[PDB]
Each structure stands twice: as C-alpha cells, then as structure tokens.
> 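Just downloaded a structure that has motesanib in it.
Heads up, chain A uses the PDB entry numbers, so what you see runs 817-843, 846-857, 861-872, 875-939, 990-1048, 1068-1178. Numbering of ligands and ligand atoms starts at 1, following listing order. Method of determination (from the header): X-ray crystallography, 2.2 Å.
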Amino acid sequence: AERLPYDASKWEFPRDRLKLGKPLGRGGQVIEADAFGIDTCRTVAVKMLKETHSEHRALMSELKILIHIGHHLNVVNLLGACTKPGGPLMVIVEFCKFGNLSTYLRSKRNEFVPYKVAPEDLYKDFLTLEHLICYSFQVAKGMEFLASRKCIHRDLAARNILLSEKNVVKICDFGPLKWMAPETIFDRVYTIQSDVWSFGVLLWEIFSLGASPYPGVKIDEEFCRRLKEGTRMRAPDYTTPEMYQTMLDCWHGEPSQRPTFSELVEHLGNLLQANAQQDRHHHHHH
Ligand SMILES: CC1(C)CNc2cc(NC(=O)c3cccnc3NCc3ccncc3)ccc21
C-alpha cells in the first residue's frame, strides 16, 4: 500500500476528461461526475480534497489501499485517479446510482413478502427473505475478501453498502458508536473481529429493512455500560430465527468467540440455500 508506489501508467486519468456533478456527501467531498474514456462516457463517483498535507496523505492512502486490495464483485471498483500536478488529488470509482442500502430498504417497507408464489406479478419488484439473505451473503463475501488481505473497514454499516444493478451490493466507504464493538469503544482497539460486531449491526439493519439501530435509546454512558454488561438489541421485524442468532454470535463479548467472515460466508450461504429450497416447494404447491 503506502509502501507500494502508485503506478500512474495504469491508473492516472486526465482532469479535463472529468465533468463534476452534484455532491453525494460532504465531509473533502464526494461528488457524482461524468468521465470520458475512463474505461465512451460513464458515470463515476469522485473523492477530492478541498483547495492540508495530512488530509492529502489520507486520500492518497485510500487510493494506494484500493489498488493493493484489488478487485472483487462486492467491493466498489476503483477506476482511476488524478494525482499529478495541475489540480486537486482525486480518487475515482464506479458510481452506484441506487445509493446506500439503508435508504433503499427503508423505501421498500410496503413492498415485502417473505417469498413469492404464482401469480408472481402480485409482488413485482418486492423484497423477499431471499433478497435480504442475499445482501447479507454478498457483504460477507466482500468482508471475507478484505479480511483475507488484512484490511479492517472500521465503519461497516448499511450507509456504507451500495446497491448495484441486479441486486448486487458493494462495500464502500464515504469516509457512530451504535456500530462500534465494546473493545473499540472502551479500548480504541480495531480488528477484523470488531468489524464482525459491526456486520452483526448491519444484519440487524438489513432485517429491520433500514431501521436505525437501538431504537428509542439515548447513546449516553448508560448505553455503553449496558453494551459492556451484555445487553443486546432485540430481533428486528423481518428476521428469521437463524439470522437473529447469527447477529447474537457477532455480538459476543469476547472478540475471539465471534465467527470469522469465512464462517459467516459459509453459514449465510447455507441459510440462503435452505431458503431457496423452501421457496421452490412453496412455489410448487401454490
Ligand atoms: C473499505 C475500503 C476497501 C477501504 N477504504 C475504502 C474506500 C472506498 N472508497 C469509496 O467508497 C469512494 C471513493 C471515491 C469516491 N466515492 C467513494 N464512495 C462513495 C460512492 C461510491 C459509489 N457511488 C456513490 C458513492 C471504497 C472501499 C474502501
């Protein structure tokens, strides 16, 4: 990463081939944009610094980390960068027009059935348990990929998951105590296992169809103490019993007792296969 030089021949993109559009977030800022000849004209998301040496290294590190990590279907894809003199540092990635998963699920609350049967058009475009388990499975394969390369996300949450074309989700980072593991809060310790705690919170978000975690709770000292003491969220409204138990496994007090992402990939894959088998029967009988 920060040790591996930046290969300009491969990634460098001309600033004048970029037409900056509207903001997607502001914190540096992330804006939508049209890129000509990046891969003729295509939509992309750009992260650029304001017109600070520290903030500069941060964006440059994100860039180097992205090149290093490489490609995976469930991780937003890097397309290029503007790093040479003449203008601001810019990191360009594929644009996901559908936005973050939380806001998307929140918009489908009146379009959900656990599964479909004929006539299926009654549920055209509805979300189902298959979709929810599939989103979870994809994020897990995405994190397994990152974990295999020793990468730690730090802010894994629904707002950082993006929806793509055919129900494909991608892990991103626009760059939140409610998603933080106890040891992260009390010890400022970040590890792959603290990302597992977060995944657990993401699962809750998914099976509550975009609700904000810990509903009706002030995030004060008591919240933190209870978390440390073993208090957990109750099951969301659209969860199956297995999925809620998986959340609980991710919220184990001892980081070493939580499952790994490889185990979650395998486990979620099975819950998906079971759900599918159940569905074929439901469909065949009704
Ligand atoms: C998790 C990790 C591998 C480490 N850091 C990081 C950063 C990103 N970067 C972005 O997600 C990003 C970069 C530049 C511009 N926008 C970004 N994300 C916001 C976005 C992405 C796609 N569509 C709309 C908004 C992606 C993945 C990772």
> I'm curious which chain is the main partner for motesanib in this model - what does the PDB entry call it?
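The largest contact partner is Vascular endothelial growth factor receptor 2.
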> At a 4.0 Å heavy-atom threshold, which residues contact motesanib?
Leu840, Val848, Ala866, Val867, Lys868, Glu885, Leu889, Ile892, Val899, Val914, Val916, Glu917, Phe918, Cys919, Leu1019, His1026, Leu1035, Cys1045, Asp1046, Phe1047
> Would you mind running through motesanib and noting each atom that sits below 4.0 Å from a heavy atom of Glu917?
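Under 4.0 Å from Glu917, motesanib has these atoms: 22 (C), 23 (N).
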> Just wondering: which UniProt active-site residue in chain A comes closest to motesanib, heavy atoms only, to the nearest 1 Å?
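Going by UniProt active-site residues and heavy atoms, it's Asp1028, 8 Å.
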> Name the closest protein heavy atom to atom 3 (C) of motesanib, giving the residue it belongs to and the distance to 0.1 Å.
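Nearest protein contact, heavy atoms only, for atom 3 (C) of motesanib is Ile892 CD1, 3.5 Å.
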> Nearest to atom 21 (C) of motesanib, what protein heavy atom do you find, and at what distance?
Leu1035 CD1, 3.5 Å
> Indicate the covalent partner of motesanib (residue plus atom), or none if absent.
none
> Show the atoms of motesanib that are less than 4.0 angstrom away from any heavy atom in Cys1045.
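Near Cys1045, meaning under 4.0 Å from one of its heavy atoms, motesanib has 11 (O), 26 (C).
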> Give me the nearest non-hydrogen protein atom to atom 9 (N) of motesanib as residue plus atom name, then the distance to 0.1 Å.
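Nearest neighbour among protein heavy atoms for atom 9 (N) of motesanib, to 0.1 Å: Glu885 OE2, 3.1 Å.
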> Which residue holds the protein heavy atom closest to atom 1 (C) of motesanib, what is that atom called, and what is the gap in Å?
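Looking only at protein heavy atoms, the one closest to atom 1 (C) of motesanib is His1026 CD2, 3.5 Å.
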> For atom 12 (C) of motesanib, what's the nearest protein heavy atom and its distance?
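Protein heavy atom at minimum distance: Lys868 CE, 3.8 Å.
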> Point out the UniProt domain of chain A where most residues touching motesanib sit.
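For motesanib, the UniProt domain is Protein kinase.
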> Under 4.0 Å from a heavy atom of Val914: which atoms of motesanib are those, numbered in the order shown and with their elements?
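Taking each heavy atom of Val914 in turn, motesanib has 14 (C) under 4.0 Å.
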> I need the nearest protein heavy-atom contact for atom 16 (N) of motesanib: residue, atom name and distance, please.
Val848 CG1, 3.5 Å
> Mark up the atoms of motesanib that fall under 4.0 Å of a heavy atom belonging to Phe1047, in ascending order.
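Contacts of motesanib toward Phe1047, numbered from 1: 19 (C), 25 (C).
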> Please report whether atom 27 (C) of motesanib has a protein non-hydrogen atom at a separation of less than 4.0 Å.
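Yes, there is one.
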> Measure the distance from atom 17 (C) of motesanib to every protein heavy atom, then report the residue, atom name and distance (to 0.1 Å) of the closest one.
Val916 CG2, 3.9 Å
> Which heavy atom of the protein is the closest neighbour of atom 10 (C) of motesanib, given with residue, atom name and distance?
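Nearest protein contact, heavy atoms only, for atom 10 (C) of motesanib is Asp1046 O, 3.7 Å.
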